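Entry overview - Polymerase acidic protein with baloxavir in place.
All residue numbers in this chain count up from 1 along the given sequence. All values below come from the heavy atoms of this structure, side chains included, with hydrogens, waters and symmetry mates left out. Whatever order the structure lists them in is the order used to number ligands and atoms, beginning at 1. When the header is checked for method, it gives X-ray crystallography, 1.8 Å.
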Amino acid sequence: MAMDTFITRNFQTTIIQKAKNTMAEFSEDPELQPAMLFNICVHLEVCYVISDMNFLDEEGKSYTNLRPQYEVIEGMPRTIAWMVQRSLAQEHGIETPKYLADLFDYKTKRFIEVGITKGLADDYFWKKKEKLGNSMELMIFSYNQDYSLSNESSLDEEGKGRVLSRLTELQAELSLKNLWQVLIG
Ligand SMILES: O=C1c2c(O)c(=O)ccn2N([C@@H]2c3ccccc3SCc3c2ccc(F)c3F)[C@@H]2COCCN12
Ligand SMILES: [Mn+2]
Ligand SMILES: [Mn+2]
């Protein structure tokens with residue numbers, strides 16, 4: 001039971017193809033980098049869990065007529081993603097961040113960096129913060145039901161819970177299949 005089989009059984013094809021495309025863009029081979037493949041898949045999966053469950057009307061009121069609260073920037077070629085990020089910044093009268101974000105939040109008009117860690121969410125928050133400063137909001141999640149967020153009006157309680165349930169579900173299935181070892185190494 002190898003990582004490639006695991007990925008096929010546990011991720012949607014849209015997620016898998018975007019992850020593999022990203023790896024190919026950076027000249028990395030999914031067959032030779034199975035930990036990396038899983039990590040990219042789960043990160044993109046989280047971006048979509050967040051984007052697929054959060055909506056706005058014209059007033060800007062939240063629901064779980066409607067438009068998505070978030071646009072996913074991750075999982076497209078960087079040539080395209082830079083156009084998207086600059087376009088969204090300029091459209092909303094905000095600075096274009098110098099780093100390529102993961103999401104754009106139409107509610108708050110902020111870019112978001114998503115981080116997944118097998119360590120302490122806090123620690124990873126502060127690493128990304130040291131680099132990104134005030135340029136973007138941060139959403140950091142761990143496998144052990146921890147998280148660290150940079151602002152009040154970002155993800156709600158149910159959204160936090162759904163991200164964390166999914167990560168916990170994936171870790172459980174990896175451990176069941178003796179593949180969690182692969183990520184630790
Ligand atoms: O955008 C990302 C990125 C993130 O957004 C992130 O949260 C963590 C890590 N990232 N990196 C991802 C990535 C994304 C998700 C999970 C693990 C990895 S591991 C390094 C790596 C990435 C992509 C291709 C590749 F060949 C890599 F080696 C690169 C960092 O340089 C900018 C693009 N990018
Ligand atoms: Mn990214
Ligand atoms: Mn990220």
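The ligands or chains attributed to baloxavir are ligand 1.
The atoms of baloxavir that sit less than 4.0 Å from any heavy atom of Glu28 are 26 (F). Short-range neighbours of baloxavir under 4.0 Å, ligands and ions only: ligand 2 (manganese (II) ion), ligand 3 (manganese (II) ion).
Taking only non-hydrogen atoms, the option from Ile40, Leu100, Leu138, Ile116 nearest to atom 14 (C) of baloxavir is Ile40. Using a 4.0 angstrom heavy-atom cutoff, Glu25 does not count as in contact with baloxavir. Of all atoms in baloxavir, listed by their number and element, those nearer than 4.0 Å to a heavy atom of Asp102 are 5 (O).
Within the structure, the closest approach of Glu74 to baloxavir falls below 4.0 Å when heavy atoms are considered.
Between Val114 and baloxavir, an N or O atom pair is found at a separation short of 3.5 Å. Counting heavy atoms closer than 4.0 Å to baloxavir, residue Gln33 contributes nothing at all. For baloxavir, the heavy-atom contacts closer than 4.0 Å come from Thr22, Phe26, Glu28, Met36, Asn39, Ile40, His43, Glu74, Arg78, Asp102, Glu113, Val114, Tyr124, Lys128.
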